[PDB]
Novice: 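Have a look at this one before I ask anything.
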Amino acid sequence: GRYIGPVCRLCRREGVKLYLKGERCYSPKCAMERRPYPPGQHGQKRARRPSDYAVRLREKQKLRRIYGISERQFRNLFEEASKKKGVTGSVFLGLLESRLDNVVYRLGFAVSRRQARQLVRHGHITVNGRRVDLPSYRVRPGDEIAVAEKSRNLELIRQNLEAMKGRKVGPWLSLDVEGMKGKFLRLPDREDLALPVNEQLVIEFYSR
Amino acid sequence: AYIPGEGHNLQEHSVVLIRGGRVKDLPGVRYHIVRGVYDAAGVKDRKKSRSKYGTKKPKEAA
Amino acid sequence: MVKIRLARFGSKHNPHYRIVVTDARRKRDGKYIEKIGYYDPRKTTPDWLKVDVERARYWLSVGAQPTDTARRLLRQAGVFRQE
Amino acid sequence: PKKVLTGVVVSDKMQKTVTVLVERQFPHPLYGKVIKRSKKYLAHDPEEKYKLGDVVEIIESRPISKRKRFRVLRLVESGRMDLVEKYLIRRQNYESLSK
Amino acid sequence: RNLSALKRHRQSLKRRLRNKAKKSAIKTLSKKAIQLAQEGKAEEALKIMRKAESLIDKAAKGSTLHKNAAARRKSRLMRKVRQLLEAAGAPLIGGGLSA
RNA sequence: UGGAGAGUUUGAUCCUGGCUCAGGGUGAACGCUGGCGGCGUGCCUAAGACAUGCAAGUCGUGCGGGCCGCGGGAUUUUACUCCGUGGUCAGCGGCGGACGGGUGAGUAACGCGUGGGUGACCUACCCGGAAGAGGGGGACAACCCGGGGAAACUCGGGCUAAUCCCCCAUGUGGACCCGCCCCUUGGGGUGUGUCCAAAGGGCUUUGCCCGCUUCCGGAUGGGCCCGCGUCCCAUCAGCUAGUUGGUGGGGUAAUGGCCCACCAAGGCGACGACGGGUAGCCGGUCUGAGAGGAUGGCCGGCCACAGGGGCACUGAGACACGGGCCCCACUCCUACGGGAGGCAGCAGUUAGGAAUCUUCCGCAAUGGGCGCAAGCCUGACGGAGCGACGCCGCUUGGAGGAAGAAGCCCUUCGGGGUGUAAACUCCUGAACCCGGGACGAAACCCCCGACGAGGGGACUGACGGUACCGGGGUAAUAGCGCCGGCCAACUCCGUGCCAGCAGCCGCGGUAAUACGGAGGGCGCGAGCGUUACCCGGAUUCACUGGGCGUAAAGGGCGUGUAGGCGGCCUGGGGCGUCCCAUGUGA
Ligand SMILES: NC[C@@H]1O[C@H](O[C@H]2[C@@H](O)[C@H](O[C@@H]3[C@@H](O)[C@H](N)C[C@H](N)[C@H]3O[C@H]3O[C@H](CO)[C@@H](O)[C@H](O)[C@H]3N)O[C@@H]2CO)[C@H](N)[C@@H](O)[C@@H]1O
Ligand SMILES: NC[C@@H]1O[C@H](O[C@H]2[C@@H](O)[C@H](O[C@@H]3[C@@H](O)[C@H](N)C[C@H](N)[C@H]3O[C@H]3O[C@H](CO)[C@@H](O)[C@H](O)[C@H]3N)O[C@@H]2CO)[C@H](N)[C@@H](O)[C@@H]1O
Ligand SMILES: NC[C@@H]1O[C@H](O[C@H]2[C@@H](O)[C@H](O[C@@H]3[C@@H](O)[C@H](N)C[C@H](N)[C@H]3O[C@H]3O[C@H](CO)[C@@H](O)[C@H](O)[C@H]3N)O[C@@H]2CO)[C@H](N)[C@@H](O)[C@@H]1O
Ligand SMILES: [Mg+2]
Ligand SMILES: [Mg+2]
Ligand SMILES: [Mg+2]
Ligand SMILES: [Mg+2]
Ligand SMILES: [Mg+2]
Ligand SMILES: [Mg+2]
Ligand SMILES: [Mg+2]
Ligand SMILES: [Mg+2]
Ligand SMILES: [Mg+2]
Ligand SMILES: [Mg+2]
Ligand SMILES: [Mg+2]
Ligand SMILES: [Mg+2]
Ligand SMILES: [Mg+2]
Ligand SMILES: [Mg+2]
Ligand SMILES: [Mg+2]
Ligand SMILES: [Mg+2]
Ligand SMILES: [Mg+2]
Ligand SMILES: [Mg+2]
Ligand SMILES: [Mg+2]
Ligand SMILES: [Mg+2]
Ligand SMILES: [Mg+2]
Ligand SMILES: [Mg+2]
Ligand SMILES: [Mg+2]
Ligand SMILES: [Mg+2]
Ligand SMILES: [Mg+2]
Ligand SMILES: [Mg+2]
Ligand SMILES: [Mg+2]
Ligand SMILES: [Mg+2]
Ligand SMILES: [Mg+2]
Ligand SMILES: [Mg+2]
Ligand SMILES: [Mg+2]
Ligand SMILES: [Mg+2]
Ligand SMILES: [Mg+2]
Ligand SMILES: [Mg+2]
Ligand SMILES: [Mg+2]
Ligand SMILES: [Mg+2]
Ligand SMILES: [Mg+2]
Ligand SMILES: [Mg+2]
Ligand SMILES: [Mg+2]
Ligand SMILES: [Mg+2]
Ligand SMILES: [Mg+2]
Ligand SMILES: [Mg+2]
Ligand SMILES: [Mg+2]
Ligand SMILES: [Mg+2]
């Protein structure tokens, strides 16, 4: 099963602020606004010039840890993107962003990918009316991602759909906020996302 | 064959599994005994790399 | 004696046959002579049976006994329906 | 098509049979260089008509003896005792490879 | 331990026996015919040949001799007879041979 | 849409060069650990030996009986005997047992692959087309009577039916010899002569249903032959006497030295014969930028085998896994004379081994055999069981939550770490409980129509009370490896060339990031490591793509055989080469 364990703790280590808690990893602390250095006894000591490997490792750990996905599943996605037509960097990100668990979070229904995961798992989500409890499910374009009518009354869905009052959603998505349902209009270009990650390093990491 | 580990329990009729893995400082020693199998008991008091040495999980803080 | 019969493809709890012409003597899932159609008994998809009837007609024309159920599928695709 | 080959009669010692040496050439599968290779065929000559030196065609045939599966289709041109020399020398070299 | 279609065994032995005899007849009569033709023989060489032809075509009706094993035997036989006859005089009682 | 390199020879350097590692793979095994599901997969060894059950039969619409019953008659004397009908048993006869299932022992071979050839052939069942079935006769089991053997079985005698066997006829046709045409390997046609057919059964009974005969055609499946391809050793160089060819026979469905008589003296070999080694081949699989290398396990295709060696019978088809004969070895029975057996079918047991499953459910589906049909058989098969053995999917929570509890660890004594991690607050609700509940199954069959087309009708589920849907509902598993460099991850203690680590370089001799433990960290996660094996890196057998002055490597030098290679101009052929179209590449 997916990671399960301390989080705004690679918010640390990986240098950059990763958004794995959503509400707090967002507000005087991803723990990161207090301690911007690696975890552990050595965290605050002159970091050593990183090896080409270290670098490429880190960048891929970053990207992976962001989406909360496991190495085996991440890897197969990468290999899938590699076979496919077109810039194999973006494509991967295309696929990574097509995971229902993510879309749901991109759509505001959840505040975290991790929390989005639980929503999808416990039946609270529905693709094209039919419901779907697989975090890995590939959302294709055209697909309507609703919330489960039965699940609507829940405090949690309410808050998140209410705090989406004002909010704006990525160019590849749309969102009827009242009907608690969004849409997947097309797959995101690299430019559509602002990820702290140079995928050129990731492709590179999977080359040896 | 080499008997790896902290210390052992092997005597003259012992019956053991061999695995291959030379020792290099000992000439003509091209195999290791596998600990935890047949009459080679696994290494007691081993907290770390326990699965080589073949010693089950200890149970005080676990 | 050559036969129009079904050959099992698909998978466990997922039957999908091939209407196929083959020698009687051949193992059920082995080399056949011609696939002349396919049939999905659980109609999971709108197109669950198809048969090249020109070809069926040909094989009957050369003396090929269908399975009873091979011919039910053939009947249905108007293999013997006439005039 | 019954296979038709062409080569050179290099023996008529047998009754109603000729031996025919037949060259075939082709790229080497790895090294690409075109290489020659050859093989003798025993061919049926019911009228002991063909003799040493003749270029004949040879045609795939219903069996006539053990290892006789070809008949002599036609003469292509006579003479070629040069090619027969080629074969005969290659043959006597063999005795100079023993112990 | 008692597989009841070792009935097939029983049958085989009876059919064997039946074929075995049919063939012995064909042999001894053919031999008889060719033998007669050695001494240039009127009716009787053919008369016998004629019987034997029947006995063959007959055997081929069933499993005995099926086919053209039949045709083969007739062929070998009424060739042999006609040849051995023309060593010596005319094909008298016209019997079984095309004029 | 495809190509990463590093460590290690020195005081240092460049080059050569080996070794080692990082990557992918697995029918695995071993260690530690282990929650769920779906789909796959599972004796690599002893082609060892096997208890027990099950695995090929079916047809009464081919035939005649026996045995156990019941009913009605000829009979009014109870003896004899006719008919009908219910079980049941085998026998005769047919069709099936040559497929389906198993295995890889042998095989380096037209075995296999691929493309051709058959004027050199066969093909039961099936489909099309043409024509027939008219007399007559016979036997053998069943059953009855006797004999031998301990049993396995077996000998003798007597009756009997058929779709069993035979004779005569009819000959649409076909076969053979001779001849003649056409055609060209034995392909068509034709003329005398000769020779060859058949079986009956059922009826809701004068007209249908199942069959039978001969012939031609199709379809399927096969046999034979040929070109090319198919591993290692030349420290195997010469091999051959059915050998090589011929004439004539035999044998086959058919070609052929396949076999035999006789004749000739031939055949093969460095382009590797002969010999030895090893191996089922292939479609594929793994690897690799590719070229290539390795491989042939699952699934499909072909071969070969059925305790070891031979052999033939029957048959369309076998030289026949669950048929027969003989020899050999092993096990069991034995009244010592004689017998019985063959899981490389499904399970299963035992032995070997590091290691590989249930003596399960079901014929409901698909397929197969026999049957007019109903059906019967089917360990083929469809399912379930067991093993993280593999692949994929999912869980062990989610959001808040301190300048930050305790414990444990560092510390320059100020402070730092584990760490939002926990505790705690809301929120969801794997497991588990309640309810509904499958698809897979429409045919065979019956009725209308005509037994055809078409229409109507009824039955049928092993998996399974499973999947899936609905209601309720508990915060509810984490491990393994690594942290000197290659390589991502550092400190305190312990230890003192010991105990130990170790893939290679090398660590350990009192301050060890290398040993053991702790804290902390890195990496993967129901797994993680180990060992073993293949490809990779290895351009380290170099075709792509290497080298030989001193690193390994120019033969001591010549002569010259086979072979390889070949100046300039013109013409012909078009074998290589290039192009188009087409068949094939399941
Ligand atoms: N009994 C265990 C072993 O069986 C072995 O023999 C085995 C083999 O002969 C054969 O097993 C085959 C195997 O050959 C071949 N590679 C195919 C498959 N792997 C196995 O399959 C066999 O066993 C599996 C279960 O293990 C069965 O499911 C399968 O149906 C059966 N054929 O059948 C036997 C097991 O069925 C050895 N005799 C011996 O080591 C020991 O008997
Ligand atoms: N028409 C040609 C074919 O000949 C083959 O047989 C030939 C080949 O098997 C063999 O010759 C080949 C040779 O051509 C090729 N250039 C070299 C190859 N090593 C040889 O192979 C030979 O040796 C190898 C290795 O020892 C073995 O497999 C076997 O004994 C033999 N095939 O000997 C025969 C003549 O070369 C096929 N088996 C057969 O299918 C077909 O007749
Ligand atoms: N090694 C030196 C000598 O090589 C000589 O022969 C070789 C040399 O004359 C010459 O090889 C040349 C080399 O001279 C010069 N240094 C340049 C060139 N790279 C080489 O060339 C060779 O190698 C390249 C690949 O590297 C190939 O592509 C090429 O076809 C091949 N000729 O061509 C021959 C190819 O090997 C002689 N064998 C002997 O004197 C000695 O071995
Ligand atoms: Mg820190
Ligand atoms: Mg029978
Ligand atoms: Mg040196
Ligand atoms: Mg040094
Ligand atoms: Mg090196
Ligand atoms: Mg399973
Ligand atoms: Mg009976
Ligand atoms: Mg088989
Ligand atoms: Mg099987
Ligand atoms: Mg050999
Ligand atoms: Mg044919
Ligand atoms: Mg009669
Ligand atoms: Mg008698
Ligand atoms: Mg008859
Ligand atoms: Mg006529
Ligand atoms: Mg007659
Ligand atoms: Mg002959
Ligand atoms: Mg072998
Ligand atoms: Mg390479
Ligand atoms: Mg191979
Ligand atoms: Mg045998
Ligand atoms: Mg026969
Ligand atoms: Mg055989
Ligand atoms: Mg058996
Ligand atoms: Mg054991
Ligand atoms: Mg069935
Ligand atoms: Mg059936
Ligand atoms: Mg939390
Ligand atoms: Mg609740
Ligand atoms: Mg490092
Ligand atoms: Mg260690
Ligand atoms: Mg110390
Ligand atoms: Mg270390
Ligand atoms: Mg340590
Ligand atoms: Mg998983
Ligand atoms: Mg290489
Ligand atoms: Mg080169
Ligand atoms: Mg070199
Ligand atoms: Mg030198
Ligand atoms: Mg010199
Ligand atoms: Mg010279
Ligand atoms: Mg020369
Ligand atoms: Mg030139
Ligand atoms: Mg050309």
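Every chain is numbered from 1 and lettered A, B, ... according to where its sequence line falls, protein lines coming before strand lines. Heads up, header says this was done by X-ray crystallography, 3.1 Å. The entry is not shown in full; contacts are counted within the portion that is. Counting starts at 1 for both ligands and their atoms, following the listed order. Worth knowing before you read on, the calculation uses all heavy atoms, side chains too, and leaves out hydrogens, waters and symmetry mates.
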Novice: At ligand 1, which drug or drug candidate appears?
Specialist: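 Its PDB name is paromomycin.
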Novice: Find the chain in most contact with paromomycin (ligand 1) and give its name from the PDB entry.
Specialist: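 The largest contact count goes to 16S Ribosomal RNA.
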Novice: Counting non-hydrogen atoms only, which other chains lie under 4.0 Å from paromomycin (ligand 1)?
Specialist: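 The other chains with a heavy atom that near are F.
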Novice: Using a non-hydrogen cut-off of 4.0 Å, what is the binding site of paromomycin (ligand 1)?
Specialist: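 Within 4.0 Å on heavy atoms: F:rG27, F:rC43, F:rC44, F:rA46, F:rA47, F:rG48, F:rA49, F:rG102, F:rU103, F:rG104, F:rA344, F:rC346, F:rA347, F:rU349, F:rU350, F:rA351, F:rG352, F:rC357.
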